[PDB]
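Entry featuring benzylpenicillin (bound form).
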Amino acid sequence: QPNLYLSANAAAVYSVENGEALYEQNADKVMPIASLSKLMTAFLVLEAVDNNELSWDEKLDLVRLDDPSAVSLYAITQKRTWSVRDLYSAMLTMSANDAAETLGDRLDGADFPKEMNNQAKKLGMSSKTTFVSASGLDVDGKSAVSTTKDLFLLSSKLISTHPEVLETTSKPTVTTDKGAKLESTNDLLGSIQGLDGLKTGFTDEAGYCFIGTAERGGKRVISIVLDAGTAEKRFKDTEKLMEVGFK
Ligand SMILES: *C(=O)[C@@H](NC(=O)Cc1ccccc1)[C@@H]1N[C@@H](C(=O)O)C(C)(C)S1
């Protein structure tokens, strides 16, 4: 494997069509994943729409966050009520913590973590993965954790099961049903050719994280970066992994 000098503590890049590792560093290490959890919440939202259990146009009230510091949709709009479509866009695009919790509550109430982890097993994720919340925010002091290998299995299964997820994560700005314009946290859209996903994350404990995906000429790769040192270093690391991915 190439000799990369990454900021990330754990990182990897995988080819989708065979699951093969093209670079791996601490790929089995258990790491806090924070807002990367929202990829599982997105998975279960799409599963529910497909199962005829959830309407894109159903209106929901944003739940209040326990911590007023976490990034939230209500804070930048002062609007309480949103469609499921808009909450799902806000969750994926700006990483709105209140939007994710609102979707998880609608789906399964206080039993959403069980459904997150059941889906994890069903997707092939190892017992090292444990979700605690739809947003990835800590719950009663417990943290969402996974490994880079497991996050690849989740990401690849999400994209193969629900490829329309990329219609949202590929956009640098999503104009919601209501009207608000949400800016993507994915600073690499329009920078790396073919890159169209997937999701950022950050807490003090998780460091700066990013799951990226790109496709060129039929070949799609997924990169995982956990615990990089700054908001831009997780993308610098991702640029290195994507060049390895398409070597
Ligand atoms: C996911 O990791 C989310 N992280 C936070 O909300 C950090 C936080 C701040 C104050 C209190 C509690 C938690 C969101 N994902 C990151 C990211 O996408 O980089 C945000 C910083 C956008 S918030």
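Using the numbering of the PDB entry, the residues shown for chain A are 24-270, in order. Whatever order the structure lists them in is the order used to number ligands and atoms, beginning at 1.
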Exercise for the section: Provide the name in the PDB entry for the chain that contacts benzylpenicillin (bound form) most. Expected result: Lmo2812 protein
Handout entry: Shortest protein heavy-atom distance from atom 6 (O) of benzylpenicillin (bound form), along with the residue and atom involved
Key = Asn120 ND2, 2.8 Å
Handout entry: benzylpenicillin (bound form): covalent attachment (residue, atom)
Key = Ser58 OG
Problem - Residue and atom name of the nearest protein heavy atom (relative to atom 16 (C) of benzylpenicillin (bound form)), distance in Å to one decimal - result: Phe225 N, 3.6 Å
Problem - Protein heavy-atom partner closest to atom 17 (C) of benzylpenicillin (bound form) - residue, atom, separation in Å - result: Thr223 OG1, 3.6 Å
Practice task
Tell me, please: is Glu228 in heavy-atom contact with benzylpenicillin (bound form), that is, under 4.0 Å?
Solution key: no
Practice task
Would you mind finding which of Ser60, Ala93, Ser118, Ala167 brings a heavy atom closest to atom 8 (C) of benzylpenicillin (bound form)?
Solution key: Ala93
Practice task
Starting from atom 19 (O) of benzylpenicillin (bound form), find the nearest protein heavy-atom neighbour and note its residue, name and distance.
Solution key: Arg257 NH1, 3.2 Å
Practice task
Ignoring hydrogens, just give me the one of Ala254, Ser92, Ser58, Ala119 whose non-hydrogen atom is nearest atom 3 (C) of benzylpenicillin (bound form).
Solution key: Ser58
Exercise for the section: Within a distance under 4.0 Å of any heavy atom of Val94, pick out the atoms of benzylpenicillin (bound form) and give their elements. Expected result: 6 (O), 23 (S)
Handout entry: Heavy-atom nearest neighbour in the protein, as seen from atom 13 (C) of benzylpenicillin (bound form), with distance rounded to 0.1 Å
Key = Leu160 CD2, 3.8 Å
Handout entry: Binding-site residues of benzylpenicillin (bound form), heavy-atom cut-off 4.0 Å
Key = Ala57, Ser58, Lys61, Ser92, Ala93, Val94, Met117, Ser118, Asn120, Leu160, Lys222, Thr223, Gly224, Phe225, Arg257
Pairs under 3.5 Å, N/O atoms on benzylpenicillin (bound form) and on the protein: can you put them in a table with the distances?
{"residue": "benzylpenicillin (bound form)", "atom": "2 (O)", "partner": "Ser58", "partner atom": "N", "Å": "3.0"}
{"residue": "benzylpenicillin (bound form)", "atom": "2 (O)", "partner": "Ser58", "partner atom": "OG", "Å": "2.4"}
{"residue": "benzylpenicillin (bound form)", "atom": "2 (O)", "partner": "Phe225", "partner atom": "N", "Å": "3.0"}
{"residue": "benzylpenicillin (bound form)", "atom": "2 (O)", "partner": "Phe225", "partner atom": "O", "Å": "3.1"}
{"residue": "benzylpenicillin (bound form)", "atom": "4 (N)", "partner": "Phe225", "partner atom": "O", "Å": "2.9"}
{"residue": "benzylpenicillin (bound form)", "atom": "6 (O)", "partner": "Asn120", "partner atom": "ND2", "Å": "2.8"}
{"residue": "benzylpenicillin (bound form)", "atom": "15 (N)", "partner": "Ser58", "partner atom": "OG", "Å": "2.9"}
{"residue": "benzylpenicillin (bound form)", "atom": "15 (N)", "partner": "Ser118", "partner atom": "OG", "Å": "3.0"}
{"residue": "benzylpenicillin (bound form)", "atom": "18 (O)", "partner": "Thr223", "partner atom": "OG1", "Å": "2.6"}
{"residue": "benzylpenicillin (bound form)", "atom": "19 (O)", "partner": "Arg257", "partner atom": "NH1", "Å": "3.2"}

